[PDB]
> 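This file holds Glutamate receptor 2 with cyclothiazide bound.
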Amino acid sequence: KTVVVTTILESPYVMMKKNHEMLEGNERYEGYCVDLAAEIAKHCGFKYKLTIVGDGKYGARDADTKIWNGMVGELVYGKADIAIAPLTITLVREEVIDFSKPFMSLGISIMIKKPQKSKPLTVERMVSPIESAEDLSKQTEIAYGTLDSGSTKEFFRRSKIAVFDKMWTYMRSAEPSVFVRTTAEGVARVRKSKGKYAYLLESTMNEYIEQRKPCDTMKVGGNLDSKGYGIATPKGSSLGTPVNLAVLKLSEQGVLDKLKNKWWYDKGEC
Amino acid sequence: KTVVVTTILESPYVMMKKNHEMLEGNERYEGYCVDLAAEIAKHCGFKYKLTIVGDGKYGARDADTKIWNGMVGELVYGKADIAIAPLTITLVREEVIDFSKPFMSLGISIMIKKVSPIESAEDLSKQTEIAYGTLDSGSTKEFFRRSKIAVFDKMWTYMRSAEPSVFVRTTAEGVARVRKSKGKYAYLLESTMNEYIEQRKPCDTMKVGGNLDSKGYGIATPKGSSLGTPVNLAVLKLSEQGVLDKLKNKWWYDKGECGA
Amino acid sequence: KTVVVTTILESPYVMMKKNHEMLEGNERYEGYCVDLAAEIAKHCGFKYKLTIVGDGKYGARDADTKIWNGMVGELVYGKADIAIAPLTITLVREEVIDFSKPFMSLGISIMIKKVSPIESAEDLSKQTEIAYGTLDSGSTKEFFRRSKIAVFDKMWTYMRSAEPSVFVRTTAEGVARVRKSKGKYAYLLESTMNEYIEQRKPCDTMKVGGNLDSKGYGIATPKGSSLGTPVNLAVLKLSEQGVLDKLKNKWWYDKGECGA
Amino acid sequence: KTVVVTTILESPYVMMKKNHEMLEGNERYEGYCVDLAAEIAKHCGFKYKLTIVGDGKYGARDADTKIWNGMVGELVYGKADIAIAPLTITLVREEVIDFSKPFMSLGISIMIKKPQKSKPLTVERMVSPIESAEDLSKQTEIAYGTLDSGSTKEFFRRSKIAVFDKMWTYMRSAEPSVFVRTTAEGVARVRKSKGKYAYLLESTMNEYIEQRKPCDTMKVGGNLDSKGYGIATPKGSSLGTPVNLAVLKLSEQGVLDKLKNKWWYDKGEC
Ligand SMILES: NS(=O)(=O)c1cc2c(cc1Cl)N[C@H]([C@H]1C[C@H]3C=C[C@@H]1C3)NS2(=O)=O
Ligand SMILES: NS(=O)(=O)c1cc2c(cc1Cl)N[C@H]([C@H]1C[C@H]3C=C[C@@H]1C3)NS2(=O)=O
Ligand SMILES: NS(=O)(=O)c1cc2c(cc1Cl)N[C@H]([C@H]1C[C@H]3C=C[C@@H]1C3)NS2(=O)=O
Ligand SMILES: NS(=O)(=O)c1cc2c(cc1Cl)N[C@H]([C@H]1C[C@H]3C=C[C@@H]1C3)NS2(=O)=O
Ligand SMILES: N[C@@H](CCC(=O)O)C(=O)O
Ligand SMILES: N[C@@H](CCC(=O)O)C(=O)O
Ligand SMILES: N[C@@H](CCC(=O)O)C(=O)O
Ligand SMILES: N[C@@H](CCC(=O)O)C(=O)O
C-alpha cells in the first residue's frame, strides 16, 4: 500500500518540467523536494506518489470555522500521509501534526526592488531606502505585505515585539490589501510596484529569487528570526520515526548540503 | 518531585559563579543553559536541581564495549532525568535518547592563532605543516571518524594516525593549545564556542573558512520519557516568542570585550 | 600490391593543394598526413594510393544497427587497407581495429569568438546563456555520451536535448557557426585543429580553458593484419628521429599568419 | 596462478610507507603505480605481487654481450610477468617486448638548482644562467649528466640532431663521470653542486621534485621530445590485450587524470 505525498508548487522545491506534457507520474516534477522524497524512499523502503495540494496553501486554521486548509489540513484530516514540502515548523502546527528534525534552516527576510546605482572618485555605489525592519515600520511611503495563509502571517499576527506589533497593526488595517495569494504573486507585485512595495518571505526563496534573472530584486537586512522546514506526518502515524532517522542520516552524510548547493547556487546567474 | 538535570561546564552555557563558595543549590550556576533550564521549568511546571556531569564528557560509545558515557550515559542509565546542555543532535544519539527540536544553530569551525593561509578546510587538508585536532568523545570526532567524503577521510586518517596525540581532553585545553603553539596547531569545534572565544580576551584567535556543515543543540530526554512533549512544546514557544534569540544576544554579544 | 589508404579532408592534415585540377594520383594532396603516409611507406616499403572517405565522417557505430561508417567502417569492411588520418584512439574503435602507438597528443578544447566569460568547462556548463556543440559522428560526441562525470553528464544532457540541433556536420561548419554566432555559440573540438584555426586568418577565435582530457591520433590498421607491426615500428622510429616533431612544426607553426 | 609485477622504486610512482616495517605483502608499497596496478587488476581479475628489481634499473641492453638488465632484462628472460612501472616506450624496447598504450605523456627536461632572486621599481625578478638545451650545449662551465642505463641516455646516445649529438659527445667523454646511478642521486648532485650541475630527467619526475620541499630546484626550457609510459609485457604473451583494453578503459573513464592530480599536484609543499 503506497502513501500519499502532498507538496506545494514552489521553486526550487517543486517545479514543473518544460517537457512534462507527455510525462505521467512522479517524473513530471523536479526540484529540491522531489530529490528529498527520493532520498527518503532510498533510506526507508516505500513507494510514494507526488500530489500538489488543491488549494495551493501551506496551511492555516480559521479563527471561527476552526479547520485547517492547505497541506496541514490535508495531513490532519487524512487526505495525505506525509508532506515533503517547505513547511515551516510552528508552535500551532506541532500541536496537530508531527514534525521531524528540520532539513533546512531559514528566516524571515525582506524583498525590495533593487535600487538604481548612484553615479556620484568615479566610484559607483548603491543606496536603499530600507535598511532594517525597524526603519521599514517607521516609514509610511513604502507599503509591505506577506503571503496569505502561511507561517509568516501567523508569526506577525501573534508577535509581541513592539516593531512587529506595529507592522502587524499596519498590515491588518491596510487598504488596498497588501497580502498576496502566492509567492510568485508577491514577487510580481514587488517588480511591478516601482519600488513602492516590500515583500516579507522566507530567506531561502528570497536568495533564490535574487540569484536568478532578471536579477532586479534584493534582500535587505538580516533574518528577522530563525526557523526551519520539517517533514510532517499525522499525529501517531508510524512513518514519523523512519523519516526522522532518514533526515538525520541524510544530514550526517552531507547529502542535504550537496542538494542545497546544486539546487540553489549552482543554477545562479547575474 | 524535583527533576535532576545533567549539565556540563562549558562557557557561556554554564559557568561557575564567582560567589559560588557562599552559594548553594542552583543559585551558584549561571549562563545560557541555566536560563534555558529556568524557562523550561517555568513553562512545564516542574522543580529542577542542576547537577554537573561527573566526567567532563558529552557522550560516546566505546568500541567493543557498547557503554555510553558523559551526559548521554547519565540519561540512558537512569542517573539523569533531562540534559539541558549544548548536546549536539546526532544519529547515534537519536537511537538512544529523545532529542527536542533544535534551539541553537551551529557547525564545525576552524580556529587558528591571529592573510589566513589555511582559510579553507580543503586547503587545510592539503597542508601538513600546520596541525589540527578535535575534542574526544564529541559530535566532532565521531563526525570525522564516520565521514565518507574524501577530504574528511584524509582528515580523520591524519588525526587518528598522529604522534603526539592531537586530540584534546577539554575544549578549554584545545583553545589553550592553539594559543600556545605559535600558530602551529589548529582546533576544530562548534561555531558557537568559536564565536564566544574570539569575542573574549586575549582576542588572539580568529575563525577561518566556513562552517563545514550545520547541526543544532537539543534538549535531551531519556527514550519514552513523559517530559518529551512538554519540553519540545516549550522550546517551540520560546523560539516563537523570541526568548531564545534574546538569551543568545545577552550571553554572546552583550559584552564584546574586543574591538569589533 | 598497392595499399589503399583511407584519409579525410581535414586541415592541416590533408588539403586539396592549390592546383589539384591539373594533377593526378597522390600529387594532388598535401599536408601533415600526406607526409606521414609518405614516411610510413618509405619505411615499410609499400606503394600506396590515397583515397578520400566518401562520407566526411571519422567513424561511429549506429544504435539498433551496429554498422560502422566513416574510415572505421571503410576498415572493418575491407574497403581500405590503412587509415593514415587524425583518427582518435578510443575504446569502441580498439575493439574492431588495430591502432598503432599515438603519434600526436591532443585533447578536447573550447573555442569562442574573440577576459573571456566562459573560463573553464564547469563555468561553461553552469552558464546557460551561451550554447555549446560538437561535431557529430566523432570521438568527442562519443566521449560526452558515455561520460559518467557530473559536469560532462550535464553537458551531454544539454546537447542531446537541445533545439535547434547544436551539433555540426563538419568541423569547418562548427568553426563558421562560432564565427557567425556573434559570441553566442561555442565549439568543442580537438586541440590540434583548434590551434591551427586560431593561428590562421581571420584570427577572430580563441581557445579558452584547459583540455578536458588527453588522447592521441593513431595509424589505424584492420584487426589481424600484416601491416600493424611494420607501421607501429615505423611510427616509433619516426618519433625517435624527431620526424613527427619536424612535421608538426612545419604544418602548424611555420606559417603563423596572425599577430602573436 | 599469481603473476609477478615488477616495479622500480621511483617517486611518486612506487614509494615506501612510513610504517612498512610491520607490514607484509602488497601493503608495504604505495604511490601512483600501486594504484594503477590495483585498477588494472580490478578491470581484469588476476592476483599480483609487487617486486622491486634487484639492480634498480629501468632497462638497457649491454654492448658486446647483447643482454638486457633491469626491468626489461627480467621481463625478456621470463623471470617477471608484467612491469607496471614508469617504463618509457622506446623503439629498442618494443622489438623485444610487447608494450601497451601510454598511460602518461612525458618529455626530457632540464633541472638546475634554483637561482637566487635579483635585487633590482622595487620588483624582484629571477634570472637563470640556462634557458634551453642550445645554450646549455654552447657553454662549458655548467656540467650535465643523466641517469645511467635508462631511456634518456640511449636517446642522447643515438640522437642525430646536432645539438643533442654535441651534448652526447661531451657526456660520453667527461671526467669526472656526469651520469648517476639513481634519480635521487642526480637530484642530490644538483642540490650539492651549488648550481654548477644540471640534471636531465623526465618532466613528470622533474615537476614532482620541484613541488616538494625544500623546492630548491626548478625546470628550465621545455620538453626536448614527447614520449610516454606504458605497461610492459613479454613478447607474445596472453596479458597484452587485457591490459591494453584496461588502460584504455581507465583513460576513457577519467581515472588516470584523477590519479595524476592526486599524486602530483595535490601534495604541494611550496
Ligand atoms: N545549510 S542548510 O540551511 O541547507 C541545512 C540546515 C540544517 C541541516 C542541514 C543543512 Cl544542509 N540539518 C539540521 C538537522 C541535523 C541535526 C541537527 C539539527 C537537525 C537534526 N537541521 S538544520 O540546522 O535546519
Ligand atoms: N538565532 S539562534 O541560533 O539562537 C536560534 C536557532 C533556532 C531557533 C531559534 C533561535 Cl533564536 N529555532 C529552531 C526551531 C524552531 C522551530 C523551527 C525549527 C526549530 C523548530 N531551531 S534553530 O533554527 O536551531
Ligand atoms: N610534439 S607531438 O604532439 O607532434 C608528438 C607526440 C607524440 C610523439 C611524438 C611527437 Cl613529435 N610520440 C609518442 C609515442 C612514441 C613513443 C612513446 C609514446 C608513443 C610511443 N606519442 S605522442 O606522446 O602522442
Ligand atoms: N594528463 S596525463 O599526462 O596524466 C595522461 C596522458 C595520456 C592519457 C591519459 C592521461 Cl591522464 N591517455 C592516452 C591513451 C588514451 C588513448 C589515446 C592515447 C593513449 C590511448 N595516452 S596519454 O596521451 O600518454
Ligand atoms: N514557508 C512557509 C510559507 C511561506 C511564507 O510564509 O513566506 C510555510 O511553510 O508555512
Ligand atoms: N557539544 C558537543 C561537543 C563539542 C565538540 O564536538 O567538540 C557535543 O555534545 O557533542
Ligand atoms: N578526429 C576525431 C574527430 C574530431 C572530433 O571529435 O570532433 C576522430 O577521428 O574521432
Ligand atoms: N624514465 C626512463 C628512465 C629515466 C631516465 O632516463 O631519466 C625509463 O623508464 O626508461
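Letters go in sequence order (proteins before strands), and every chain restarts at 1. Side chains are part of it too, since the values below use all heavy atoms of this structure and drop only hydrogens, waters and symmetry mates. Counting starts at 1 for both ligands and their atoms, in listed order.
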> Hmm, which bits of this model belong to cyclothiazide?
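That would be ligands 1, 2, 3 and 4.
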> With a 4.0 Å cut-off on heavy-atom distances, which other chains neighbour cyclothiazide (ligand 3)?
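Other chains in heavy-atom contact: C, D.
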> Which residues form the binding site of cyclothiazide (ligand 3) when counting heavy atoms under 4.0 Å?
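Within 4.0 Å on heavy atoms: C:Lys101, C:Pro102, C:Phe103, C:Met104, C:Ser105, C:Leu236, C:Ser239, C:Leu244, C:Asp245, C:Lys248, D:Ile89, D:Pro102, D:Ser226, D:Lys227, D:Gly228.
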> Write down the species the deposit gives for chain C.
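It's listed in the entry as Rattus norvegicus.
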